[PDB]
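The next PDB entry has masitinib among its components.
Chain labels are A, B, C, ... in exactly the order the sequence lines appear. Sequence positions for chain A are given in the PDB entry numbering; the residues included correspond to 19-60, 72-260, in order. For chain B, we keep the numbers from the PDB entry: what you see runs 21-64, 78-260, in order. Determined via X-ray crystallography, 3.2 Å. Atoms within a ligand are numbered from 1 in the order they appear, just like the ligands themselves. When reading the values below, keep in mind they use all heavy atoms of this one structure, side chains included, and skip hydrogens, waters and symmetry mates.
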Amino acid sequence: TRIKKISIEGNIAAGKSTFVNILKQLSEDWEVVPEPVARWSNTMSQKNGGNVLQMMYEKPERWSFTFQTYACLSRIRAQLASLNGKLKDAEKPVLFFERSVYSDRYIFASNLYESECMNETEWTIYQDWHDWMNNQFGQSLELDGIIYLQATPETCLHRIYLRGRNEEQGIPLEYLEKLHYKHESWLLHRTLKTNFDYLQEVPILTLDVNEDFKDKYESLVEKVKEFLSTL
Amino acid sequence: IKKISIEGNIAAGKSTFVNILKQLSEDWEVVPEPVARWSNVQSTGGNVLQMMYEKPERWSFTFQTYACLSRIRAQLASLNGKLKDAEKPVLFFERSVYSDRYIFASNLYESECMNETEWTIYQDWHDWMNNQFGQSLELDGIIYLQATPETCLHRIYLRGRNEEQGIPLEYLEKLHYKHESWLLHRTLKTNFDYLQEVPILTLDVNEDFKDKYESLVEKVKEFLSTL
Ligand SMILES: Cc1ccc(NC(=O)c2ccc(CN3CCN(C)CC3)cc2)cc1Nc1nc(-c2cccnc2)cs1
Ligand SMILES: O=c1ccn([C@@H]2O[C@H](COP(=O)(O)OP(=O)(O)O)[C@@H](O)[C@H]2O)c(=O)[nH]1
Ligand SMILES: O=c1ccn([C@@H]2O[C@H](COP(=O)(O)OP(=O)(O)O)[C@@H](O)[C@H]2O)c(=O)[nH]1
Ligand SMILES: Nc1ccn([C@H]2C[C@H](O)[C@@H](COP(=O)(O)O)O2)c(=O)n1
């Protein structure tokens, strides 16, 4: 489509929602599509969404498959509906997504299967499912570049505390670390091999969101806007 | 590309009758229930059908979802078959997506195996699946293979499928009633509005037709002439 698609990636509490908001406000033809999993951190889809997430917190090993499949469905469904937004009849349309279909499977669900929360028959079903739902759409959802909000696992643990979600207070530094490394291996080093080929040659901008960018954000916004010309 | 559904209870006589019809003529093909794709989970062991009967309080959601998505997959694949290339093409589906929700998943939710969250997620999913990908799988006529839950319980034993040799009558009963309330009594209301005016051909399959299937083909040939 005419509408370009950019993915906003990063660790838990790295600064994705703060950045996507700073971008929503800007007077450009940009539409932001939030993470359904973030919308459950607080409708006929939230009712479910909140309950799986609350169940995901309580018993991880039981809900990891139920949750990861409803995350990717509520993401796929959303992102497709965003493409039909006003932007179509807009000049320079850019659609930014809080995370992506690739971040779900490769970074989080994978880590969840590795964490012995999804069994082997559970993982096979998720992988065969994901593979199929992505293949059954096309260039519709294909990313035209990714933005990696790089932050040390320690800034994420202090921002987890900042955010104040009491369910997330328990999250340990090791978990963030384990996530951080899975990000760097895909986005930075690019040693992580996804099923979807096209990702191999996709531009990636890496914004060091370590020091609070909440109010000092003109610097990123420019390095973003230039990144946008190169696509 | 006339799409017919073959509906009925566990071991009522769906494949038997389906495979009698398939042999009968060209331009007639069958889209079986992938109850072996569930039996050996791979990427198109792991017997998601056994784990389900083992502990449904833990596997019913995981199952009905994979059962439904594997169907949508093979049913859609069959429409892109060689049937399109012949006169009078009538494709026969062993059960449907309406069967996977209004009978089996619905019963499991009613039997406490799926908590409300699981059930709501299943409906949310099955609704969006059928709206998007299954916009072409809309049935042209349903054949109901009506058999007592007692007969099914005897055929289940004849079959000797171990995954299900531990099925109580209660279960077969609960399903027999749901198929009656949907296909005979016509009172199981669905999210898919057209279903309301889809012809049904209810055939009693209690008295064995393995070699006495003459009458049933004579009725179905007539049924497919109204369609
Ligand atoms: C919300 C949530 C809350 C708690 C947990 N649980 C854990 O991180 C976790 C807790 C305990 C363990 C330890 N297990 C204990 C039991 N044992 C069987 C195995 C090991 C392993 C993992 C997972 C999550 N799941 C998450 N999903 C996401 C996510 C975001 C975006 C898209 N998809 C998923 C982020 S965090
Ligand atoms: O530069 C930053 C980025 C984020 N935050 C805060 O840190 C928390 C986590 O950030 P965010 O909501 O963006 O989480 P994410 O979407 O990355 O998971 C929130 O309370 C933000 O307001 C902040 O104070 N400064
Ligand atoms: O007229 C019939 C139809 C079936 N069967 C037996 O019933 C079992 C289950 O048959 P089928 O798989 O066709 O039923 P479905 O479960 O597909 O409804 C098998 O062991 C068949 O030999 C039978 O004895 N007589
Ligand atoms: N949506 C569905 C469809 C089928 N089955 C299971 C019940 C039986 O164990 C088996 C019946 O297979 P068939 O009638 O094709 O032999 O499939 C199920 O639990 N849920």
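The location of masitinib, copies and all, is ligand 1. Here the macromolecule bound to masitinib (ligand 1) with the most contacts is known in UniProt as Deoxycytidine kinase.
Those other chains that come under 4.0 Å from masitinib (ligand 1), heavy atoms only, are A. Binding site of masitinib (ligand 1), heavy atoms within 4.0 Å: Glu53(A), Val55(A), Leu82(A), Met85(A), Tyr86(A), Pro89(A), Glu90(A), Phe96(A), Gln97(A), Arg128(A), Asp133(A), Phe137(A), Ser144(A), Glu145(A), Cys146(A), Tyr204(A).
The closest approach between masitinib (ligand 1) and any UniProt active-site residue of chain A, by heavy atoms to 1 Å, is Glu127(A), 8 Å. UniProt lists residues of chain A as binding substrate; of these, a heavy atom under 4.0 Å from masitinib (ligand 1) occurs in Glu53(A), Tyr86(A), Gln97(A), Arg128(A), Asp133(A). Taking UniProt's list of ATP-binding residues in chain A, a heavy atom lies under 4.0 Å from masitinib (ligand 1) for no entry. The entry names the source of chain A as Homo sapiens.
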